Student: 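Let me give you the structure first, and then I'll get to my questions.
Residues take their numbers from the sequence shown, with the count starting at 1. What's counted below: heavy atoms across the whole structure, side chains too, no hydrogens, waters or symmetry copies. Order of listing sets the numbers, starting from 1, for every ligand and every atom in it.
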Amino acid sequence: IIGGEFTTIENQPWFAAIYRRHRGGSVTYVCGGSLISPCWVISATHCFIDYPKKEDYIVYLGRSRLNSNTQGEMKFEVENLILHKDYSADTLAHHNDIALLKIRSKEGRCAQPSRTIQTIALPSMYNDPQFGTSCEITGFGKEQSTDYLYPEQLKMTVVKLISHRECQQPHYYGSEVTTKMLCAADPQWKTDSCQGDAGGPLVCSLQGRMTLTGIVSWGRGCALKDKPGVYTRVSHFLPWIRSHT
Ligand SMILES: N=C(N)Nc1ccc(C(=O)Oc2ccc3cc(C(=N)N)ccc3c2)cc1
């Protein structure tokens, strides 16, 4: 996350931290995700497509720090790693950039709500907040494009939903942005998602509830003028999601 504020998991209790264990025993951070039901985390296919072996991934819930334990965190194995059959990468854009991770503890449990762990609602089919709506993003991603380290403490910020009209302009992303994506940026371009925030939530109030409106997917740089964050448009993927859950 560029700009915004350090937070704790209690402020984003659906946030999932996804790591990969390496042959040698090193475990490193992959991507964010979102708890959408007790057994299911949603994230971005591009996080996993290069190494789609469920056995080498760990999911934490209730975790506020990247490389140390949080009291109230819970560790899960990936019972099922479901990538989108129609994922593809352009020069910038990722298409159908959505993934499901079916979680289970070695004890065989799915998630239990607590002070640090809660599910996030899905939107209804094709239902999105109006353009100019303020939404929250969260992640362990870089605090500056040019950084080589990730922050140790979870961050969040607020961005505004941008019209496709505005996002499709040629000095923005022109062609690369489709109707299965949502753009969101700061009107002063001072705060954004960045590398390491992929798969993380874009959360909006919609039809009365905090809703998972988007999944952090891609962008040219981070907090660059006329280069918004691009998100997977969750509202378009409900039948895909229901088919697995
Ligand atoms: N094996 C993996 N998990 N790889 C991997 C997985 C994910 C990423 C990653 O996080 O890629 C990006 C990079 C830049 C981004 C910029 C913006 C933006 N301006 N809002 C948004 C998202 C971005 C995402 C990188 C690598």
Student: What is the name of the drug located at ligand 1?
Tutor: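 That drug is nafamostat.
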Student: By the naming in the PDB entry, what macromolecule does nafamostat (ligand 1) touch most in this deposit?
Tutor: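 The largest contact count goes to Urokinase-type plasminogen activator chain B.
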Student: Closer than 4.0 Å to some heavy atom of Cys222 - which atoms of nafamostat (ligand 1) meet that?
Tutor: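 So the answer, numbered in order with elements, is 16 (C), 19 (N).
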Student: What species name appears in the entry as the source of chain A?
Tutor: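 By the entry, the source is Homo sapiens.
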Student: Output yes when the distance from some N or O of nafamostat (ligand 1) to some N or O of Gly221 is under 3.5 Å, and no in every other case.
Tutor: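 So nafamostat (ligand 1) has an N or O lying under 3.5 Å from an N or O of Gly221.
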Student: Nearest non-hydrogen atom to atom 23 (C) of nafamostat (ligand 1) belongs to which of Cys194, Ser43, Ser193?
Tutor: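 Comparing heavy atoms across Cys194, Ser43, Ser193, the nearest one to atom 23 (C) of nafamostat (ligand 1) lies in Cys194.
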Student: Report, in ascending order of atom number, the atoms of nafamostat (ligand 1) lying under 4.0 Å from any heavy atom of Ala198.
Tutor: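 Taking each heavy atom of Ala198 in turn, nafamostat (ligand 1) has 7 (C), 9 (C), 10 (O) under 4.0 Å.
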Student: Any nitrogen or oxygen of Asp192, side chain or backbone, less than 3.5 Å from one on nafamostat (ligand 1)?
Tutor: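 Min N/O separation from nafamostat (ligand 1) is below 3.5 Å for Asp192.
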Student: For nafamostat (ligand 1), which is the ligand I care about here, please tell me if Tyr231 has any N or O atom under 3.5 Å from one of the ligand's N or O atoms.
Tutor: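 In this structure, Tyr231 places no N or O atom under 3.5 Å from an N or O of nafamostat (ligand 1).
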Student: Which single UniProt domain of chain A covers most of the interface with nafamostat (ligand 1)?
Tutor: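 For nafamostat (ligand 1), the UniProt domain is Peptidase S1.
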Student: To which residue and atom does the entry give nafamostat (ligand 1) a covalent bond, if any?
Tutor: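 The covalent link is not modeled.
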Student: For nafamostat (ligand 1) and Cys47, I'd like to know whether there is a polar contact (N/O to N/O, distance under 3.5 Å).
Tutor: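 The answer is yes, given that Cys47 and nafamostat (ligand 1) share an N or O pair closer than 3.5 Å.
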Student: Any nitrogen or oxygen of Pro228, main chain or side chain, under 3.5 Å from a nitrogen or oxygen of nafamostat (ligand 1)?
Tutor: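 No; every N/O pair is 3.5 Å or more apart.
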Student: Report all residues and nucleotides of other chains within 4.0 Å of nafamostat (ligand 1) (non-hydrogen atoms).
Tutor: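 Heavy-atom contacts: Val30, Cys31, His46, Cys47, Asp192, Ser193, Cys194, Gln195, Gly196, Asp197, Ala198, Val216, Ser217, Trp218, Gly219, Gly221, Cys222, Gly229.
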